[PDB]
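Lab note: p66 Reverse transcriptase, rilpivirine bound.
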Amino acid sequence: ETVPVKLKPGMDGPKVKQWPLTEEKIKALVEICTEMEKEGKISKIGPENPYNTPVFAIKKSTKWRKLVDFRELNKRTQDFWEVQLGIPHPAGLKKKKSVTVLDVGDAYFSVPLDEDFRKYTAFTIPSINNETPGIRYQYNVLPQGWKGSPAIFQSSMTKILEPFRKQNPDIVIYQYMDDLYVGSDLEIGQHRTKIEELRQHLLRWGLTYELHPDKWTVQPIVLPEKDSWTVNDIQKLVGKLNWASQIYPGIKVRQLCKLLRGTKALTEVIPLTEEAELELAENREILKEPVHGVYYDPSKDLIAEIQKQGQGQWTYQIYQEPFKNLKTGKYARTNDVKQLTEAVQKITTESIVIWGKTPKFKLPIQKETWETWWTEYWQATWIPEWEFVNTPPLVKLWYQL
Amino acid sequence: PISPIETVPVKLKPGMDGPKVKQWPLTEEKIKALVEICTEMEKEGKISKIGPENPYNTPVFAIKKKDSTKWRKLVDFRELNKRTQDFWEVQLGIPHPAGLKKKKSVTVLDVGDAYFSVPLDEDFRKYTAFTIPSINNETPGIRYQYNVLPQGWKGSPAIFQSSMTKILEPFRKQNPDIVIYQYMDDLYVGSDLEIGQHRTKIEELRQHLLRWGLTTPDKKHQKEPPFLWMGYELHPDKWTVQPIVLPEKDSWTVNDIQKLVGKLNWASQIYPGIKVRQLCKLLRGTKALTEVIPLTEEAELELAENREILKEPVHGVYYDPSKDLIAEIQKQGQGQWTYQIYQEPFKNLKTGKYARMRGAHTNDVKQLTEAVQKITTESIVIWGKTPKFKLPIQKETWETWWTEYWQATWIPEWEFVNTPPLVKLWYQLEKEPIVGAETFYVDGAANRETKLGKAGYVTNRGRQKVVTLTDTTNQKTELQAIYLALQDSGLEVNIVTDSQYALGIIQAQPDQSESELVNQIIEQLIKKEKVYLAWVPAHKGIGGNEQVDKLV
Ligand SMILES: Cc1cc(/C=C/C#N)cc(C)c1Nc1ccnc(Nc2ccc(C#N)cc2)n1
């Protein structure tokens, strides 16, 4: 039995072109796809389907997995999976001592997809050097990566989880795309025991990492505590505070500026006055706390900015309006693009847990460089939206540690 | 014939109805041509006479074929096309020769009447109805509809290719050692068989194609290697671009120059070191196409080098899947990069060039890194593999830049190669303020309604100065002020500015720019021994910022 699905009014299916893939992914994509084909999950299609979405292969272990980039389809069905029937985001999830993330995407393969919607899930397996025609396919069942699949399977999912939720009233279970998030305040051993208990329920229906959101704390703007202060040091100080001045109510600078008097050598040491040492402290305590006056607005996109700090460190902010930070953080420890790819996933994970939403990312890289390399390091079932930016050099240090 | 293959279901765009376009009157002789032709076609099954019911109609007409005495039948499918659904793109992506594998023997087979050999979706035929007009359009015309893929209808290219691919699949499956490429109504077939068995495999394929409605040239009419294709000359064991003759002229029109740049760009796929910078500067501005452009000195010489590189034939080899690809890049000149890709030195599979500015200001290390990226994507397409690179840059240089630059980057496995000019960093900004070096507090400004600017500095040693600038912008004055500090300072100098704009530019260590200012500021930075550059918030009332803010 299928649920009728339609696009948003007016607009047409996705026609997104397939990226070049390496010999190995193409190989793995053929193997995987001929198997899905004889299990009836996909069927070859003819040229009268003009639609396309990109596909590629990841190894998360050594086992190739198919990943379809449904960002466009998702965007073009969005009213459906959000404001018709949709999945509520529990605010208690981010409070749990332990959240475990379990892949349940393999459950969708047992549900028929609305026959008239199938054509929009068209994808192509390319050949190298375009020497032969791509192999085109459609889905027959709920596909992984499409935001409609958990919306539709939701009804079956609550039924499946009902006993376990009934027997453990304090455990929070949240679904987003192909994953379940499961949180409790049990001691880690007993939390795991319960995850296994949960897997056993899942296993009777055809489904076979650990976060500690409780232990997430913001990375304040750090104000140096200099033994001795130079003019250069004090000017940096003022800039950093100047900039914070637009996020945090009550930041003061006027005493410190008074220390910058006349035109001094940059390397001149300067004694910190009674009133200056006082602002320093007052501003630190403010910087320590959350931004007074900033709130998550459910109707607005989340945005996430990342700066390269060098030496393997990366800073980031999540906001809806610039400088109104909902969350700041860092991520640490080779390959620039690998680290960035990992940081994006981490930030997306926290973002899902906190708001039930993925951020639009601003990436400090060249479009071309990112697009060549990121699939080499991707291990996630979703893909966030992203764009590419040149980091304003100042912003970088104001967020440095 | 009409292939026995199943049809592709097709429909009109979701709201629309089929075309209902009035057939205009035709001259008597065009009417005669059309009747003869449609009579031929009808007896082949290509079309069918239709009843009075069919309300749809699409205009038709006839043209005298080339310089012959036969006519062609042309249908105007504009209306039907606008009402027909979109199809999968026929296929977008042409194989590059350098990706092809060496073959012992290759043959071209020509598919006859390709479109008219494939059946049209029965449910759809009604919308292809057309009418041969009676003389003076006095009586009802003769009405027909298509049973096959019409020439000129939106869906024919794509349904044809799909039909061929489907027809070929059994053959490919029973003949994996054999290689076949479909382009439009052509089939090319490669084998590593000797002339004898290859000819035999070609016949089984012809038999297979004919079993499916598709007629082909007899063993006599199949064209010989080497073939011309998509601008290339293919031989079984090597490939090149097809003959390129650069004209001898005293006077070059804009059109002559564009076409010359086009041929040169095309030849650069395999002729190493082709350059077009000097010829391309000529195209600059905006003349008429018939306008004559005298060649500059450095352009007439550029033509010279190119005409030389081309005087002799050069071929590329084919790809051996068993071996690594090696890519080498050299700096030619001014933002111009060239490269070669090979597996055995120095038998190139192909060459190329890169010449793009990303932004107004960059340096050789950015540009090199971008060429690497451009070549990497290209390799993925052509070979499905990244090459190993050999780059005119020291590992130390690139590691210095990458680490302290704020953008993320990564290039695949590479190693140093000493092919000058070597790419290097031409100056490094200090990381800490300098002791014993004058501190210049600079500042520039501009009144938006006047275009007037002042640019200046005060220093901790009491030096001062302001210069007036006209027609300038805020951005320019901020750069002038830093330029001033650089001219008047000694070999070591600290510079304090409130321009994030200026800081961004310079902190990116540019070594060339579209701005004359920035090029001078750069020339200046090369001369210094140590420069430290610092930023401060403007108008926040800072000790030194306030001072020179009062002067400008
Ligand atoms: C893409 C392609 C274009 C032509 C285009 C033909 C034309 N005109 C002919 C063929 C047979 C193919 N297909 C493939 C696939 C793999 N290796 C090769 N090698 C290969 C092909 C032609 C010659 C020659 N001469 C040498 C090697 N060809």
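Chain letters correspond, in order, to the sequence lines: A, then B, then on. Residues displayed in chain A correspond, in order, to the PDB entry positions 6-65, 68-215, 232-356, 362-429. Following the PDB entry, chain B shows residues 1-552, kept in their order. These numbers come from the heavy atoms of this one structure, side chains and all, not from hydrogens, waters or symmetry mates. Read the numbers this way: they start at 1 and go in the same order the structure lists the ligands and their atoms.
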Can you list every ligand or chain that belongs to rilpivirine?
-> ligand 1
Counting only non-hydrogen atoms strictly under 4.0 Å, which other chains reach rilpivirine (ligand 1)?
-> A, B
Which chain positions lie within 4.0 Å of rilpivirine (ligand 1) by heavy-atom distance?
-> A:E138, B:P95, B:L100, B:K101, B:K103, B:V106, B:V179, B:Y181, B:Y188, B:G190, B:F227, B:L228, B:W229, B:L234, B:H235, B:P236, B:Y318
So which heavy atom in the protein is nearest atom 3 (C) of rilpivirine (ligand 1), and how far is it from that ligand atom?
-> B:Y181 CD2, 3.7 Å
Distance to 0.1 Å, residue and atom name: give those for the protein heavy atom nearest to atom 21 (C) of rilpivirine (ligand 1).
-> B:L100 CD1, 3.9 Å
Just need the protein heavy atom nearest to atom 20 (C) of rilpivirine (ligand 1), so name the residue and atom and give the distance.
-> B:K101 O, 3.5 Å
Report the source organism for chain B from the entry.
-> Hiv-1 m:b_hxb2r
Any idea which protein heavy atom is nearest atom 9 (C) of rilpivirine (ligand 1), and the distance to it?
-> B:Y188 CB, 3.3 Å
Which residue owns the protein heavy atom closest to atom 14 (C) of rilpivirine (ligand 1), what's the atom, and how far is it?
-> B:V179 CG1, 3.4 Å
Indicate yes or no: does an N/O atom of B:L234 lie under 3.5 Å from an N/O atom of rilpivirine (ligand 1)?
-> yes
List the closest protein heavy-atom neighbour of atom 8 (N) of rilpivirine (ligand 1): residue, atom name, distance to the nearest 0.1 Å.
-> B:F227 CB, 2.9 Å
Which name did the deposit record for chain A?
-> p51 Reverse transcriptase
